[PDB]
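Notes on a structure featuring oseltamivir carboxylate.
Protein chains get the first letters and strands the later ones, always in sequence-line order, with residue 1 at the start of each. All ligand and atom numbering here is 1-based and tracks the order in the structure. Quick note: numbers below take in every heavy atom, side chains included, and nothing from hydrogens, waters or symmetry partners.
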Protein chains: 4
Amino acid sequence: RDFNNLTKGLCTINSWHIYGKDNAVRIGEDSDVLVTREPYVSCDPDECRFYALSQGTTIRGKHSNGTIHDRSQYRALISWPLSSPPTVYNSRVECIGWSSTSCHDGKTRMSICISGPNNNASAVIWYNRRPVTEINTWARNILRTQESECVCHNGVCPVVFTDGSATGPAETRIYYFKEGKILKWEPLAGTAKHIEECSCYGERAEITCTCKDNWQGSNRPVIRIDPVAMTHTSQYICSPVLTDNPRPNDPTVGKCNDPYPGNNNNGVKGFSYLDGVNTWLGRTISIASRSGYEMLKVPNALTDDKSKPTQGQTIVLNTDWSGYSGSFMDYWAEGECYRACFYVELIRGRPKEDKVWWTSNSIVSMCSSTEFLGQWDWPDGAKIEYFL
Amino acid sequence: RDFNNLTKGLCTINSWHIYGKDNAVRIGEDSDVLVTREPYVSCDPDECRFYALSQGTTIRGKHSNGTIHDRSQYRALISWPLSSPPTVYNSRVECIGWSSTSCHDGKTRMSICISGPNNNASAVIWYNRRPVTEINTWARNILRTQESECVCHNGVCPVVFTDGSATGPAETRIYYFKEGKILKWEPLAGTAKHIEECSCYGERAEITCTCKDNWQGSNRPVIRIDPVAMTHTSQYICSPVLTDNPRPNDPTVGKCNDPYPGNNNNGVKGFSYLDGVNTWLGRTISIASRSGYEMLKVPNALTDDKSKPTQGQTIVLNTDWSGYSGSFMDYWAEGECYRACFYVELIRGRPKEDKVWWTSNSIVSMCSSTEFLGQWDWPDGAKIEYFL
Amino acid sequence: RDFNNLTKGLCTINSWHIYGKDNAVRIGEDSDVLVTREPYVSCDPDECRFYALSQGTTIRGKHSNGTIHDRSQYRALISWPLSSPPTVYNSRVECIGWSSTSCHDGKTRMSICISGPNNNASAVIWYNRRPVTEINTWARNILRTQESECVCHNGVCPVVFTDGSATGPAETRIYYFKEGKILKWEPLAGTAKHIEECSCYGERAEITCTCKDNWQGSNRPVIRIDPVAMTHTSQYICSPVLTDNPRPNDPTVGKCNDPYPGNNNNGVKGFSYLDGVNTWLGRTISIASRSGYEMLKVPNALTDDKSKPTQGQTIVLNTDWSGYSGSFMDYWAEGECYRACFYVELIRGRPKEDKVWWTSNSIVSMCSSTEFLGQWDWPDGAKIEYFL
Amino acid sequence: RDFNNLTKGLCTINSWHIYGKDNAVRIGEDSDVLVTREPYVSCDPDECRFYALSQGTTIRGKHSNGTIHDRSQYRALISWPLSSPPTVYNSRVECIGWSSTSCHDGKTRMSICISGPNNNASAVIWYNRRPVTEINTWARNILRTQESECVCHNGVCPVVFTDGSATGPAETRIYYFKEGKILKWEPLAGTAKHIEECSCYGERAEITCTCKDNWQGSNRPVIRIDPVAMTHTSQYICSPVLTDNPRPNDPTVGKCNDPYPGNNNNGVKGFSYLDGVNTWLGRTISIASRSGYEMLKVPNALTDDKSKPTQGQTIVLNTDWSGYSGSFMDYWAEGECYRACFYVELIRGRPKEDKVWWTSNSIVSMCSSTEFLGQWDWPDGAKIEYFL
Ligand SMILES: *[C@@H]1O[C@H](CO)[C@@H](O[C@@H]2O[C@H](CO)[C@@H](O[C@@H]3O[C@H](CO[C@H]4O[C@H](CO)[C@@H](O)[C@H](O)[C@@H]4O)[C@@H](O)[C@H](O[C@H]4O[C@H](CO)[C@@H](O)[C@H](O)[C@@H]4O[C@H]4O[C@H](CO)[C@@H](O)[C@H](O)[C@@H]4O[C@H]4O[C@H](CO)[C@@H](O)[C@H](O)[C@@H]4O)[C@@H]3O)[C@H](O)[C@H]2NC(C)=O)[C@H](O)[C@H]1NC(C)=O
Ligand SMILES: *[C@@H]1O[C@H](CO)[C@@H](O[C@@H]2O[C@H](CO)[C@@H](O[C@@H]3O[C@H](CO[C@H]4O[C@H](CO)[C@@H](O)[C@H](O)[C@@H]4O)[C@@H](O)[C@H](O[C@H]4O[C@H](CO)[C@@H](O)[C@H](O)[C@@H]4O[C@H]4O[C@H](CO)[C@@H](O)[C@H](O)[C@@H]4O[C@H]4O[C@H](CO)[C@@H](O)[C@H](O)[C@@H]4O)[C@@H]3O)[C@H](O)[C@H]2NC(C)=O)[C@H](O)[C@H]1NC(C)=O
Ligand SMILES: *[C@@H]1O[C@H](CO)[C@@H](O[C@@H]2O[C@H](CO)[C@@H](O[C@@H]3O[C@H](CO[C@H]4O[C@H](CO)[C@@H](O)[C@H](O)[C@@H]4O)[C@@H](O)[C@H](O[C@H]4O[C@H](CO)[C@@H](O)[C@H](O)[C@@H]4O[C@H]4O[C@H](CO)[C@@H](O)[C@H](O)[C@@H]4O[C@H]4O[C@H](CO)[C@@H](O)[C@H](O)[C@@H]4O)[C@@H]3O)[C@H](O)[C@H]2NC(C)=O)[C@H](O)[C@H]1NC(C)=O
Ligand SMILES: *[C@@H]1O[C@H](CO)[C@@H](O[C@@H]2O[C@H](CO)[C@@H](O[C@@H]3O[C@H](CO[C@H]4O[C@H](CO)[C@@H](O)[C@H](O)[C@@H]4O)[C@@H](O)[C@H](O[C@H]4O[C@H](CO)[C@@H](O)[C@H](O)[C@@H]4O[C@H]4O[C@H](CO)[C@@H](O)[C@H](O)[C@@H]4O[C@H]4O[C@H](CO)[C@@H](O)[C@H](O)[C@@H]4O)[C@@H]3O)[C@H](O)[C@H]2NC(C)=O)[C@H](O)[C@H]1NC(C)=O
Ligand SMILES: *[C@@H]1O[C@H](CO)[C@@H](O[C@@H]2O[C@H](CO)[C@@H](O)[C@H](O)[C@H]2NC(C)=O)[C@H](O)[C@H]1NC(C)=O
Ligand SMILES: *[C@@H]1O[C@H](CO)[C@@H](O[C@@H]2O[C@H](CO)[C@@H](O)[C@H](O)[C@H]2NC(C)=O)[C@H](O)[C@H]1NC(C)=O
Ligand SMILES: *[C@@H]1O[C@H](CO)[C@@H](O[C@@H]2O[C@H](CO)[C@@H](O)[C@H](O)[C@H]2NC(C)=O)[C@H](O)[C@H]1NC(C)=O
Ligand SMILES: *[C@@H]1O[C@H](CO)[C@@H](O[C@@H]2O[C@H](CO)[C@@H](O)[C@H](O)[C@H]2NC(C)=O)[C@H](O)[C@H]1NC(C)=O
Ligand SMILES: CCC(CC)O[C@@H]1C=C(C(=O)O)C[C@H](N)[C@H]1NC(C)=O
Ligand SMILES: CCC(CC)O[C@@H]1C=C(C(=O)O)C[C@H](N)[C@H]1NC(C)=O
Ligand SMILES: [Ca+2]
Ligand SMILES: [Ca+2]
Ligand SMILES: [Ca+2]
Ligand SMILES: [Ca+2]
Ligand SMILES: [Ca+2]
């Protein structure tokens, strides 16, 4: 109809309720489920769907061997109905590639897939299910993007890309698209020293992205974008409650403009909702691996370097595998506020579970509630032994 | 379009004709059918569909082992086309959880799923396929609801919940929702001593619910709701024709305001159509187990404590497994009356058939006919031996 | 939109072109295809689909054992996209039962399924995907109907039913429905001595049905219905070119008002287009079994007792299995005439191929061409050996 | 809406970006994927889909044995969602046959399937999913057509057919259809000596077809059609950059009006975009077999007999199997020009990989970019060893 405008502010997050779960690995043990990773969720005005990067093979299929690898010519961004698994029969391919993002602007959807060899990748921007624009690698070192939904405001949908090293400075760019065409692009500015896999959400005409500093920081870099001025700023979450993984133990004071040191060249895509006292941080329970997942209310985390938790909710027990996590919201819901949501990628198989030769995952996702709801843990649920 | 209003009375039930049957267990022996239980049927203005709680695994899949269990994080309310089986590929997830209800108000559908650990469950009310309201457990003991469709009148859709003991008094509440929001809730009143899994239907602006007294009664408790005044009353079916299971043998006189004694802490979800002489009761044939199923016309059963059958129809032979049963009607059909319908859950596997490690079911459903039709029996149809 | 009216006459049939073929048995050897029999084809204003009676099990599934049997509680009328196979995932159940008919009246579709034990069957007439009317058995001996599409004119859709013996006189009735309701019914009149499984088509406000005299006739009985007057007549095809199976060898003169003798208590559903010189008869090649299939142009077959073929087309070689055949046409196609079409049921398995324990079939269907097209043979295509 | 008119010229092709890839053979190793060959891509105004000729069996099914054969009664033209594989469950049959073409005219789609024995084939032209016209073989020797999309202009959709020898002169005809009816047909004229499997595209009211001279030429014959005058001309691509396979090594000067000699009675369906300096040729890398695939920019290839490459892009490595290739474009995309696209059939199995008894393929497809994008190679991806 008309382009959506981020006119509402976030609803108050007093707890998280269960939104969607596909039990893909459980079900896929005996049905045609595609091997995936890098999932996310994204809504259209009339439907919300699960998204991920397929590996171009079923889990039980012999080609599942080797799916720990990230970039092959057999991957593709696919979307499928909320809480169903990604099956060969219900999965819709949005584009071909090994890194992606996607978002609906109110009128139609924009999907971006990057493919190529490490030194010659290219992104192709699809709009209304057609290819419209192409961007060639600018640093010749794995051009890559968000791995979760982008956000639009009045037709403008900003997307964060990174090209170059994952263990040193790189060339991050913020592209502002409208109807799949490039209106403008900036180089990253601000104090964030390295940016990868940004998780974004929007409210009151501002887009917030919580990304990952793969190079040095265990605290998360944050990019705030003005989609009207088409400008942005960058910093780190000030809070001592560190949210990357692996990471050191939490200090009593964090860092606002430098990566918090202790762990180099590693990390995981993650997210956060930064909204004054209505601030909630997601993070793995383990400081060593992608294990467990919890939400922590840390009032003023972004700007208060001594902020510590005031409430919390466990999402996945530390005795269960987690992985990537990101943000999304249904901008077309009823009501006066946007209900914060997020998903957690539950990785199964390699490298942690090497008795099988594949790597895949299932999805669990929650949204906020103004009630103070009881909590449950949500694991993948599959028994690896069955796959042997 | 406009909210549906219960303006018609029931059609005269002279017999029951076959409406839908999915043969899920037969077919699932060699195809991707999800393991389920707690099924029901429910109509939208343009389609009627089968509903149930999936166990997040196929019947032939190795994760089918253990599905006798009721509440896990892998369950979800799913709906699929009438008379098809619940397959991994045609099943639509309405919400995540282990207890549910769902009903269309004429404009759109409301679905409610409860999930959680026993002491910290919560219900989330979805409307127009989006989460709108959340209700936290109030007694911290398995918050649970109908397991069959709710009914709406002018936008108001009442739902009966129970939280607390299953073998002593509990806290039952009747919530009145409109567009997924709570308009009001009452505590249970009347003479019903325990309420669980209500089967409801509506006619001439009144909603009737035949539930289950798990605690003491072998006769069924009944809740009649006025969706305009948003008030209700409760009693038991007066009739000596007892309809719970297990149950004692039928007496010659029943009880109108107390549970009929003889069996404690057990029972099964069931239903009835209470309409003066046009009154029909469903019940298992066996007084000891979920075996067989029959419909009995017991004129004035609700209010006549000596009422006995005047006609009847066998639905499932006593030599076949049955289970839950509930009511639904197509409120959007042509004609001057609402045609009473019902479904019977045909449970296969555990605990009665323990040579297999799973528990599932198929569905058979009938609707009334003003003709006096010949009768047939409708069993699940699967040979367990094939699954060994 | 508006009710369809049979305003056109048949197109000239100079040959038959391939219309649809599903290769169901071939494909089903390694995919979730339902076991069926009694197929047919039928069009809606915007789509033409394949129809059949499922056996409630896949071909490879263990429950396929025993599907030679005709009437069980696991059967159902299903429809699926043209030329696709009937799979567990793409099949839509129209109604439950073991004998059926179905036709679109221009506004919506009417489907009829009969179910029951032999002495207590009942038909339920669905209209606009809802049950509207029910008819109880009147002779208590396998109430049964067409097994191919019915035809409508201005909302009136006549259907031929038979109840009673299959090897002696029976009670055949012609019901005239409008919006699933009964307007009127007649007993069979005319010279046809026994009627079963009528194949019908309509043109210029007249409905022609070529049926089967299971009792005594090897020539086919024909019922011509006036859907406005709601009256009909009956006779046999006069032609010496006999079209039932089994049957005696062709004589030089046939019979117009009595069954042509030689074979008792047996036969197969078949059809014909009776249109003066534009008359074409379908029949198995073998006079002993359901083997092969050919179309023969026999000018004035209905009324000329010495009529013999003037042209012909082989559809299935005598070295391949055939079975039932029936008529249908797309009444919503462009053009000035109705293009005659038909399907042939290609039966595989029992009783002819008993190395397997199942019985199923695939479908091949043709429509007429005003061209004189080259001919090909169209067998099922499956190798039974693969199923052993 | 209204008939589409080829009003735009081609966009400048500076490189090729990835458009679609289905990884059908990889995925089909463990899921219900149909065995195919002769694929292509074609767009409707609101969707672009993959197309191919099914073999009426899954790859893993036992009937896959023997699918190296071209013409059987079990083949059918099927279409399925872009980048999904052709599965038994998501494939839509357009028509029955072993040679086909299909194109949308802006209002609806025309599909043509030819079936028959070698000496008695016939084409049936479907429009708006209904059979409209039939054409009988005129030379009684494998009537055959494009195997890729046709193109329409103001309702007129020309199609090139060939009937007769594949190793000597044959009878090629250009039919001009409108709404599935024949407006006119011409015999082939011009200097092309043999025509088979034309790949066509349209721009600025002219339709260009790059075909195959199976008889003598290693350079490709080209047919340019005026869909308004309904006339055409024919010649060969003048360029020394030879594009058929097998073929001799490239000379320094090609032939404009005679086949370039060196290889007889063999070849492969291929294509090209002939647009002055914006001219790009596709071809296998190997001069001996269907191995590898590359795009070469050969300015003025059609008319310059000494034209050689000025830029190029590898699509498939010479160490991977290729096969057929053809053209298509989305005539309903936004923008001021038509973006050239093409697909490559990646053949797996027989005859090159004979350890398996089947022959199938997957599809990879690209479209042009005005950017100068990095290149990647796109192989089928399946390991034959897994199928043993
Ligand atoms: C039914 O449902 C309800 C609803 O969920 C249940 O009630 C909830 O219960 C939760 C668990 O108790 C509770 O969550 C906790 O909230 C704490 C904050 O509240 C308390 O402090 C505030 C502030 O003073 C008070 O106002 C309030 O009254 C409370 O006293 C959080 O602090 C908790 O998180 C911390 O603990 C967990 C382990 O429990 C850690 O996993 C987590 O990371 C936090 O602790 C680490 O991080 C801090 C900050 O740096 C460190 O100081 C601390 O030492 C930990 O650091 C180590 O561990 C981390 C992680 O591994 C590592 O990185 C680091 O290096 C160190 O190794 C927790 O979130 C809910 O808020 C509460 N909800 C509600 C509405 O009440 C109820 O129990 C259920 N009922 C039943 C019967 O079960
Ligand atoms: C073709 O189709 C038609 C259509 O269906 C067939 O005709 C139908 O046939 C049915 C079976 O006969 C018949 O159903 C019965 O109806 C009885 C009522 O009608 C009779 O009584 C009235 C009232 O006086 C008369 O007007 C009428 O003319 C009849 O005489 C019911 O009473 C029957 O139900 C009871 O019996 C069945 C077993 O048959 C039990 O399963 C059932 O629960 C009922 O009996 C128990 O309950 C009562 C009440 O408490 C007890 O008194 C009794 O002792 C039983 O109690 C024990 O069993 C229960 C259950 O296990 C247990 O809980 C308890 O503790 C005790 O252990 C039955 O419903 C249809 O009405 C009739 N329909 C029509 C239209 O005619 C026709 O036969 C078919 N044709 C062929 C050729 O097959
Ligand atoms: C390419 O394609 C074209 C297009 O299809 C091919 O040409 C077609 O070829 C067909 C086969 O030749 C041909 O079909 C036959 O047509 C005959 C009628 O035409 C002839 O007679 C007329 C009338 O005088 C002439 O005008 C005309 O010029 C011809 O001379 C039919 O009579 C044929 O049917 C009979 O034979 C077949 C076997 O071929 C039987 O299966 C069939 O049942 C018919 O015969 C039985 O029935 C009759 C009637 O009672 C009996 O008299 C006879 O003895 C048979 O009876 C026995 O068998 C039956 C069946 O088993 C049994 O019940 C009975 O008891 C007895 O045992 C046949 O239909 C097409 O018309 C022709 N089409 C066109 C447009 O030309 C062309 O060949 C192909 N090209 C190549 C290179 O292959
Ligand atoms: C990242 O991405 C970019 C973008 O793709 C990469 O850059 C691209 O690199 C490509 C490979 O180098 C390059 O493709 C080549 O382009 C050549 C034309 O450009 C050159 O010549 C022009 C004209 O003078 C100059 O202007 C220009 O500056 C260049 O110097 C083509 O000529 C190439 O094709 C020929 O070679 C390939 C093998 O490389 C053959 O497969 C192909 O068939 C061509 O050669 C055969 O055919 C010719 C013509 O008849 C014969 O003369 C020749 O001998 C060959 O003949 C034999 O082989 C054929 C085929 O088997 C057989 O039939 C015959 O009988 C003989 O046996 C090639 O297409 C891109 O244009 C370039 N793109 C861009 C934008 O720059 C970049 O490298 C990537 N980065 C990294 C780090 O990898
Ligand atoms: C989002 O904001 C823009 C205004 O910036 C709205 O756009 C106006 O929409 C109306 C109706 O389409 C037009 O007449 C105006 O010209 C539009 N645009 C501009 C850019 O001036 C848009 O409608 C808003 N979206 C919604 C859903 O309200
Ligand atoms: C059900 O009853 C309500 C009246 O209570 C009907 O609601 C009225 O509908 C018309 C048309 O939408 C409005 O103008 C009235 O204001 C509506 N509501 C009320 C609450 O006054 C409703 O249309 C009835 N539903 C149907 C299907 O007839
Ligand atoms: C089929 O015939 C009937 C006439 O018998 C047509 O019915 C008339 O349709 C118009 C428009 O709907 C009405 O105003 C008339 O009253 C209708 N009916 C009768 C029974 O008089 C019908 O439209 C015809 N169908 C088509 C497709 O032309
Ligand atoms: C393609 O060209 C034809 C003109 O040749 C356009 O056809 C005209 O369309 C308008 C609106 O439908 C009619 O009033 C004219 O009579 C049409 N046709 C002719 C043949 O004169 C057609 O609309 C064009 N297509 C598009 C998409 O613009
Ligand atoms: C390119 C380096 C980057 C950071 C190490 O790699 C990612 C890490 C991943 C991970 O840590 O799990 C998975 C992503 N699929 C991958 N991105 C790409 C494009 O391969
Ligand atoms: C009829 C001869 C023609 C050229 C040799 O054959 C084609 C070659 C093919 C090929 O070279 O792979 C495949 C096509 N499926 C086939 N066409 C038909 C109708 O069978
Ligand atoms: Ca399987
Ligand atoms: Ca880090
Ligand atoms: Ca009880
Ligand atoms: Ca007979
Ligand atoms: Ca050649």
Quick one: which ligands or chains are oseltamivir carboxylate? ligands 9 and 10
From the contacts in this model, which chain binds oseltamivir carboxylate (ligand 9) most extensively, according to the PDB entry? neuraminidase
Heavy-atom contacts under 4.0 Å: which other chains make them with oseltamivir carboxylate (ligand 9)? A
Does the N or O separation between A:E196 and oseltamivir carboxylate (ligand 9) drop below 3.5 Å for any pair? no
What atoms of oseltamivir carboxylate (ligand 9) come closer than 4.0 angstrom to any heavy atom of A:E38? 13 (C), 14 (C), 15 (N)
Taking only heavy atoms of A:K212 into account, list the atoms of oseltamivir carboxylate (ligand 9) that are under 4.0 Å away from them. 4 (C)
Atom 9 (C) of oseltamivir carboxylate (ligand 9): which of A:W98, A:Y324, A:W215 has the nearest heavy atom? A:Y324
Within a distance under 4.0 Å of any heavy atom of A:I142, pick out the atoms of oseltamivir carboxylate (ligand 9) and give their elements. 1 (C), 19 (C)
Any N or O of A:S99 that comes nearer than 3.5 Å to an N or O of oseltamivir carboxylate (ligand 9)? no
Hey, which atoms in oseltamivir carboxylate (ligand 9) end up nearer than 4.0 Å to a heavy atom of A:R290? 10 (C), 11 (O), 12 (O)
For oseltamivir carboxylate (ligand 9), which is the ligand I care about here, please tell me if A:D70 has any N or O atom under 3.5 Å from one of the ligand's N or O atoms. yes
Any idea which part of A:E147 is under 4.0 Å from oseltamivir carboxylate (ligand 9), heavy-atom wise: side chain, backbone, both or neither? neither
Is A:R144 close to oseltamivir carboxylate (ligand 9), meaning an N/O of one under 3.5 Å from an N/O of the other? no
Name the residues that contact oseltamivir carboxylate (ligand 9) at heavy-atom distances below 4.0 Å. A:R37, A:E38, A:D70, A:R71, A:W98, A:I142, A:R144, A:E196, A:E197, A:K212, A:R290, A:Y324
What does the contact table look like for oseltamivir carboxylate (ligand 9) (nitrogen or oxygen on each side, cut-off under 3.5 Å)?
residue, atom, partner, partner atom, Å
oseltamivir carboxylate (ligand 9), 11 (O), A:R290, NH2, 2.7
oseltamivir carboxylate (ligand 9), 12 (O), A:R37, NH1, 2.8
oseltamivir carboxylate (ligand 9), 12 (O), A:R37, NH2, 3.3
oseltamivir carboxylate (ligand 9), 12 (O), A:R290, NH1, 2.9
oseltamivir carboxylate (ligand 9), 12 (O), A:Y324, OH, 3.4
oseltamivir carboxylate (ligand 9), 15 (N), A:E38, OE2, 2.8
oseltamivir carboxylate (ligand 9), 15 (N), A:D70, OD1, 2.8
oseltamivir carboxylate (ligand 9), 20 (O), A:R71, NH1, 2.6

